[PDB]
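First up is the structure itself, then whatever we jot down about it.
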Amino acid sequence: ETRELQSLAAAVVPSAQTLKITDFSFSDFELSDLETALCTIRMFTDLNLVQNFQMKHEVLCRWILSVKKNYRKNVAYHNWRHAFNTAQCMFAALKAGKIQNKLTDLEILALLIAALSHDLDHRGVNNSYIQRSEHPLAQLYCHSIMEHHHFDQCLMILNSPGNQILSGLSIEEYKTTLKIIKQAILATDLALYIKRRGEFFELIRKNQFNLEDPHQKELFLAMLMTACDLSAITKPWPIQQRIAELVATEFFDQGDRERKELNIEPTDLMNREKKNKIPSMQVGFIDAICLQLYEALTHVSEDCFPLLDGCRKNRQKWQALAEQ
Ligand SMILES: COc1ccc(CNc2nc(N3CCC[C@H]3CO)ncc2C(=O)NCc2ncccn2)cc1Cl
Ligand SMILES: [Mg+2]
Ligand SMILES: [Zn+2]
């Protein structure tokens with residue numbers, strides 16, 4: 001195909017150990033785009049997906065480049081690097097967290113594709129903005145608007161000539177995998193996490209959680225998607241500090257759009273005037289959204305404790321910054 005493909009396809013794919021992708025503390029900051037593509041190949045390979053599903057090397061490389069291409073390079077946070085890191089956290093939870101022992105390769109295939117694809121064509125604004133602005137997508141979908149679009153994009157790329165990494169699946173495996181992918185991408189709508197997490201937390205608290213139950217299995221994969229999606233909140237403080245810059249940039253850029261295009265005053269979360277409140281806001285988000293999730297996940301796998309540990313340490317640093 002293109003020069004990028006040729007370079008990628010011919011490149012040696014270093015080991016997962018070399019690439020550090022099993023570390024919960026992994027950072028992509030020193031990596032070129034090409035190296036993030038090699039990391040992604042390594043993820044598919046070491047989860048046995050390439051071999052078990054008979055993926056051709058050129059097809060996987062083209063698919064990865066198609067996915068990366070369909071994230072926007074002018075969206076500060078929801079871009080290819082966020083999707084790549086989400087997939088890397090999924091790899092680490094599966095390997096270092098040993099969750100791969102409890103899932104089938106078909107489930108893992110869907111999870112990894114969904115992690116990589118779950119914010120495709122994100123435009124730097126949230127569902128509330130899409131609805132309030134009367135964006136065309138808001139006429140197509142009533143809820144989880146962007147996430148429905150992310151899945152549409154995901155399926156378009158999976159079906160593109162030369163990109164069909166699922167061609168080796170039988171029709172029944174293909175249908176099941178697409179449905180898991182769709183659920184997994186829709187799960188990254190924080191609104192759906194908030195609606196469904198109470199059931200997960202109570203099953204865990206009562207020690208009634210049963211991964212053999214298909215409903216609880218689907219619930220767990222949704223919680224795991226959220227855990228990977230939010231995982232910047234667990235990173236070592238140098239990383240977290242930098243990711244926070246991007247989140248704030250994207251939030252405040254939406255606030256500017258709401259002022260200029262919708263003539264409304266943005267909430268504090270998206271109001272650049274309130275930037276000195278980011279520490280207290282990070283603490284609020286950790287308490288409200290993050291801690292119980294990483295706490296619950298460790299009841300599923302004790303080896304996922306580094307995520308919870310990392311979350312607690314960032315809350316300590318953010319609370320110290322809030323106290324000024
Ligand atoms: C202005 O700048 C910020 C303002 C707030 C925060 C903390 N709040 C979030 N932080 C993240 N991110 C993603 C990566 C880790 C973390 C950044 O550390 N994402 C989403 C939110 C968030 O509040 N969403 C709205 C919402 N909350 C609860 C229920 C429904 N809706 C961080 C920054 Cl930077
Ligand atoms: Mg999203
Ligand atoms: Zn995301």
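Residue numbers start at 1 and run along the sequence shown. Every number for a ligand or one of its atoms is a count from 1 in the order of the listing. Going by what the header records, the deposited coordinates were determined by X-ray crystallography, 1.9 Å.
Of the candidates chlortetracycline, avanafil, laninamivir octanoate, tetracycline, what sits at ligand 1 is avanafil.
Of the chains in this structure, the chief binding partner of avanafil is, as UniProt puts it, cGMP-specific 3',5'-cyclic phosphodiesterase.
Contact annotation: for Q240 versus avanafil, heavy atoms closer than 4.0 Å belong to the side chain alone. Using UniProt active-site annotations for chain A, the residue nearest to avanafil and its heavy-atom distance (rounded to 1 Å) are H78, 7 Å. Of the options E250, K235, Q282, the smallest heavy-atom separation from atom 32 (C) of avanafil is shown by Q282.
With a 4.0 Å heavy-atom cut-off, avanafil is reached by the side chain of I194 but not by its N, CA, C or O.
Among the UniProt-annotated Mg(2+)-binding residues of chain A, none has a heavy atom closer than 4.0 Å to avanafil. Heavy atoms of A244 come nearer than 4.0 angstrom to avanafil in at least one pair.
Residues of chain A contacting avanafil are mostly from the UniProt domain PDEase.
Heavy atoms under 4.0 Å from avanafil belong to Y77, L190, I194, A232, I233, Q240, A244, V247, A248, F251, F252, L269, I278, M281, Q282, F285, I289.
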